[PDB]
Every structure is written in structure tokens, then in C-alpha cells.
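Opening notes on amodiaquine bound to Phosphoethanolamine N-methyltransferase.
Index from 1, following the sequence. Each ligand, and each atom within it, is numbered from 1 in the order the structure gives. As a basis for the values below, the full set of heavy atoms in this structure was taken, side chains included, without hydrogen atoms, waters or symmetry mates.
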Amino acid sequence: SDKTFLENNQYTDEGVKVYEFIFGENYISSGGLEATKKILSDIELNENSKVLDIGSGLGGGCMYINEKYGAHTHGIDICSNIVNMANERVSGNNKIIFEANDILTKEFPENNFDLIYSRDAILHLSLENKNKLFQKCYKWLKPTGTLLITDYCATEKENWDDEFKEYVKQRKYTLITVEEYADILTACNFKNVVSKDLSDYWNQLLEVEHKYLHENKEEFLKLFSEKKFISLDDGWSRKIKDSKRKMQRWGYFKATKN
Ligand SMILES: Nc1ncnc2c1ncn2[C@@H]1O[C@H](CSCC[C@H](N)C(=O)O)[C@@H](O)[C@H]1O
Ligand SMILES: CCN(CC)Cc1cc(Nc2ccnc3cc(Cl)ccc23)ccc1O
Ligand SMILES: CCN(CC)Cc1cc(Nc2ccnc3cc(Cl)ccc23)ccc1O
């Protein structure tokens with residue numbers, strides 16, 4: 001599937017390390033540890049709780065959830081190179097496992113998890129694939145369970161410019177509106193569906209990251225190339241510009257089963 005594509009483009013080892021430089025250790029998405037603390041601030045779990053992280057990446061989210069709650073965390077990520085990196089950071093901790101697998105082919109028992117959690121990963125999935133995932137997610141949640149998601153969203157396609165279309169095409173993203181996304185969750189039988197466009201906050205995160213990149217660019221070049229620097233600088237500039245003009249949006253979704 002998109003495995004070899006992702007492993008050999010956006011999520012190369014070098015690419016992942018660059019992301020870590022800007023998001024912080026163990027994170028490859030928006031706001032790293034700080035945003036994660038915010039996203040989980042109203043979430044209640046204990047040591048016996050069971051957590052699924054969809055697209056767990058370098059594992060920072062699972063580590064934080066286990067650190068904060070003592071919960072059992074199980075991360076699934078389709079990139080084997082990323083999974084291997086994550087595994088090497090949690091070798092001592094038996095309540096944190098990662099597994100290399102497409103979440104779509106992954107099989108789980110019904111009523112399994114207290115929390116199903118995903119941060120900026122579901123944008124990789126086609127529209128059809130987003131639907132079957134959430135139906136599988138519904139099954140997997142215990143009756144007392146919560147689904148918790150951040151994901152890239154967008155304005156309708158008639159408002160995309162050429163550059164945004166090209167970015168979405170070459171990254172093989174499928175981006176829908178916050179409303180279209182919320183619609184899928186209700187269609188997949190979830191209750192208490194809560195949707196928020198967090199683009200103002202996302203823009204603040206991107207700004208901190210962008211400033212941080214420039215402030216620490218000497219340390220950056222010590223580890224990476226000037227080519228990788230320009231590319232990253234350029235990409236953040238565009239995400240900042242596009243969230244400002246409401247073209248690219250950051251969706252937050254929180255839902256239950258009953
Ligand atoms: N079909 C799929 N199944 C499982 N993981 C997938 C997937 N499609 C994309 N991914 C993964 O989703 C991750 C998105 S990047 C963000 C990773 C992590 N949630 C964090 O915030 O740091 C990537 O590591 C990618 O490999
Ligand atoms: C290298 C690791 N760093 C980047 C500077 C992580 C990181 C921190 C931030 N800072 C912040 C995140 C969330 N809330 C914040 C609130 C305030 Cl008043 C200040 C900084 C915040 C933003 C993005 C980001 O990626
Ligand atoms: C000459 C100008 N061209 C180069 C071919 C610039 C150009 C950049 C892009 N890259 C991008 C456009 C919008 N958002 C982006 C976000 C990120 Cl994280 C990275 C690249 C982006 C796409 C098409 C395009 O034509």
C-alpha cells in the first residue's frame with residue numbers, strides 16, 4: 001500500500017529526525033509534548049486502562065499517556081522503520097508496545113480499549129478507508145470508552161490553490177472539512193461527537209516551531225543539510241500562511257460509544 005511510499009518519502013529516518021528536531025524528542029506532529037498535554041488535559045485513565053494509539057509514530061504520545069496515567073498503551077504504525085525507532089525507546093517498559101501494521105488490516109477484539117487516540121495520521125487514509133477505520137474503532141472501544149483525535153482538515157476543494165492541491169497530491173493526503181469529518185463519526189454510530197476547528201491554536205504552534213527553527217539553525221545544520229533546512233522552513237511558512245487564510249485546518253474530535 002502506501003507503506004513503501006511513506007517509508008521512502010515523508011517518513012524517512014532523516015525526515016523523522018528532522019521532525020523530532022522541531023516538535024521535540026519522540027514526536028513527529030504538531031506541538032509535540034506541549035500540545036499533547038493540552039489534548040489529554042480532560043482525559044481520565046488509570047493504571048489498568050487500555051489505550052490504542054493509531055499511527056503512533058516515534059511513540060511520544062504512548063510514553064506520555066503511560067507516564068501520566070500508568071495505562072497500557074498499544075501503538076500501531078504502518079512504517080516499520082519508525083516502529084523500530086520507537087521500540088528502542090520503550091524496551092524497559094512492558095506497558096508500552098508498538099507494532100508495525102496497517103491499522104486497516106489490524107484486527108482487535110470488541111470492547112477492548114478505554115481510549116482510542118490518534119494524532120495527525122488519519123489524513124493519510126482515503127475517504128473510504130476513514131470510514132472503515134472508524135467503524136472498527138467503534139467496535140474496539142469499551143462501552144465506557146472515548147475516541148480522541150487530531151487530524152489535518154481543509155476548506156472545500158473549490159477554495160484550494162494550485163500549490164495546496166499539489167502538496168495534497170504529492171503527499172497522497174485525503175483532506176476533508178471538520179464538518180464532513182464529524183459527519184463520519186456519527187455515521188459510524190458514535191455519540192457525544194464533539195468537533196472543533198483548532199486552526200488558531202495550530203497556527204500558534206506552527207509559529208513557535210518556525211521561530212525555534214530559525215533560532216537554532218546553527219545546531220540544525222550541525223545535524224542536517226541546508227537543503228533539509230530550506231525545505232522545512234518553506235513548508236512551515238506555507239502551513240502558517242494556509243491556516244491563516246483558512247485553507248488548511250486543524251480538526252479536533254472527541255466522542256464516546258454511549
Ligand atoms: N494506514 C495506517 N496505519 C497505521 N499507521 C499509519 C497509517 N497511515 C499512516 N500511518 C502513520 O501515521 C503517522 C503519522 S505522523 C504522527 C505520529 C504521532 N501520532 C505523533 O503525533 O507524533 C505516521 O507515523 C504514519 O506511519
Ligand atoms: C523542540 C520542541 N518544541 C518546539 C519549540 C515543542 C513545541 C512547543 C510549543 N510551545 C507551546 C505549545 C502549547 N502551548 C503553549 C503555550 C504557551 Cl503560553 C507557550 C508555548 C506553548 C509549540 C510547538 C512545539 O512544537
Ligand atoms: C516555483 C514554486 N514551486 C516550486 C515547484 C513551489 C511549490 C511548493 C509546494 N509545497 C507546499 C505547498 C503548500 N503547503 C505545503 C506544506 C508543506 Cl509542510 C510542505 C510543502 C507545501 C507545492 C507546489 C509548488 O509549486
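- For amodiaquine, the full set of ligands or chains is ligands 2 and 3.
- Lab note: binding site of amodiaquine (ligand 3), heavy atoms under 4.0 Å, is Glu163, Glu166, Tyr167, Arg171, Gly235, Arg238, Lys239.
- Closest to atom 19 (C) of amodiaquine (ligand 3), if we only count protein heavy atoms, is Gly235 CA, 3.6 Å.
- Distance remark: protein heavy atom present below 4.0 angstrom from atom 21 (C) of amodiaquine (ligand 3).
- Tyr167 CE1, 3.4 Å is the protein heavy atom nearest to atom 17 (C) of amodiaquine (ligand 3).
- Closest to atom 9 (C) of amodiaquine (ligand 3) among all protein heavy atoms lies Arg238 NE, 3.8 Å.
- Per-atom contact check: atom 12 (C) of amodiaquine (ligand 3) touches the protein, criterion being a heavy-atom distance below 4.0 Å.
- Going by the entry, the organism behind chain A is Plasmodium falciparum.
- In this entry, no covalent bond from amodiaquine (ligand 3) to a chain is modeled.
- Residue list (UniProt phosphoethanolamine-binding, chain A, heavy atom under 4.0 Å from amodiaquine (ligand 3)): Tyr167, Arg171, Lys239.
- For chain A and amodiaquine (ligand 3), the nearest UniProt active-site residue, with heavy-atom distance to 1 Å, is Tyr11, 10 Å.
- The protein non-hydrogen atom at the shortest distance from atom 2 (C) of amodiaquine (ligand 3) is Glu163 OE2, 4.3 Å.
- Residue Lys239 has at least one heavy-atom neighbour below 4.0 Å for each of these atoms of amodiaquine (ligand 3): 16 (C), 18 (Cl).
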